[PDB]
Asker: 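Sharing a structure: raltegravir in complex with Mariner Mos1 transposase.
Positions are given from 1, in the same order as the sequence printed here. The figures that follow rest on heavy atoms only: side chains count, while hydrogens, waters and symmetry mates do not. Note that ligands are numbered from 1 as they come in the structure, with each ligand's atoms numbered from 1 the same way.
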Amino acid sequence: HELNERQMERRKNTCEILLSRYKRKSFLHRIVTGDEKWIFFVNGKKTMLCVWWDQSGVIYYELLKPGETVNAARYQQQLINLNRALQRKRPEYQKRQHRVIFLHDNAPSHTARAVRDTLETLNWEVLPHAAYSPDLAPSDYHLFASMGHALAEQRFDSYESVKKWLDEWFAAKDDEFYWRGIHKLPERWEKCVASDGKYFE
Ligand SMILES: Cc1nnc(C(=O)NC(C)(C)c2nc(C(=O)NCc3ccc(F)cc3)c(O)c(=O)n2C)o1
Ligand SMILES: [Mg+2]
Ligand SMILES: [Mg+2]
């Protein structure tokens, strides 16, 4: 994708804001992030992985029934279920000592009215994210980057072989892999600013 002027300006401006905040007070340990990816399996079928994670590991994921997509109502329900997982797996959040900072992309179901309401009610801080920026999304440049290489060697048979493969694959990564993916953010933000909003190396 060739970025246009509007897109590069939004990327640079978003990265400046995040980087300057980071420099005043790091917030990276409070980020919960997530994204969707298709995973394919032959009987020409596919299932959507929806996953959320932080520097400690995977919090919650869903594998959708073959062919089914995330819409506004599904995403709202996912966020509610994710919050239940976060309470159970992240004590700093159950106790309200620590506000969730949520990083997701601008997919329409992510910004629909009902979802925006639900995020306000959960009262997670929603981080700015520019369009066409998977290079700035940890799920894309870290998690799915690693996962995609391993996936390419699989030939899944069933929706439940996928679920087991993901359970094992997620659990086999050490805490340090998750930590690195999140703490790569500031170096990425810096590169984007130095690129003036272009894609970078
Ligand atoms: C804008 C815009 N339009 N297409 C895109 C885009 O970024 N596409 C590509 C396939 C780069 C992409 N996309 C998403 C993603 O979620 N796409 C749905 C979405 C739609 C609109 C919107 F504003 C943001 C996101 C990924 O997660 C991802 O990894 N990639 C690689 O960005
Ligand atoms: Mg996405
Ligand atoms: Mg993505």
Asker: Every copy considered, what are the ligand or chain positions of raltegravir?
Answerer: ligand 1
Asker: Under 4.0 Å from a heavy atom of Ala131: which atoms of raltegravir (ligand 1) are those, numbered in the order shown and with their elements?
Answerer: 1 (C)
Asker: Nearest to atom 14 (C) of raltegravir (ligand 1), what protein heavy atom do you find, and at what distance?
Answerer: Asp105 OD2, 4.1 Å
Asker: Measuring from raltegravir (ligand 1), which other ligands or ions can be reached in less than 4.0 Å?
Answerer: ligand 2 (magnesium ion), ligand 3 (magnesium ion)
Asker: Among all protein heavy atoms, pick the one closest to atom 11 (C) of raltegravir (ligand 1) and tell me residue, atom and distance.
Answerer: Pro134 CG, 4.4 Å
Asker: Tell me: protein heavy atom nearest atom 7 (O) of raltegravir (ligand 1), and distance?
Answerer: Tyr132 CA, 3.7 Å
Asker: Looking at the entry, what source organism goes with chain A?
Answerer: Drosophila mauritiana
Asker: Do you see a protein non-hydrogen atom under 4.0 Å from atom 1 (C) of raltegravir (ligand 1)?
Answerer: yes
Asker: Which residues of chain A does UniProt mark as Mg(2+)-binding that also come under 4.0 Å from raltegravir (ligand 1) by heavy-atom distance?
Answerer: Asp35, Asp105, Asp140
Asker: Tell me: protein heavy atom nearest atom 28 (C) of raltegravir (ligand 1), and distance?
Answerer: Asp140 OD2, 3.6 Å
Asker: Return the residue, atom name and 0.1 Å-rounded distance of the protein heavy atom closest to atom 18 (C) of raltegravir (ligand 1).
Answerer: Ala107 CB, 4.3 Å
Asker: Of the protein's non-hydrogen atoms, which lies at the shortest distance from atom 27 (O) of raltegravir (ligand 1), and what is that distance?
Answerer: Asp35 OD2, 3.0 Å
Asker: For atom 21 (C) of raltegravir (ligand 1), grab the closest protein heavy atom and report residue, atom and distance to one decimal in Å.
Answerer: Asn106 O, 4.0 Å
Asker: Under 4.0 Å, heavy atom to atom, what does raltegravir (ligand 1) touch in the other chains?
Answerer: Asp35, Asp105, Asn106, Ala107, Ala131, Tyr132, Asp140
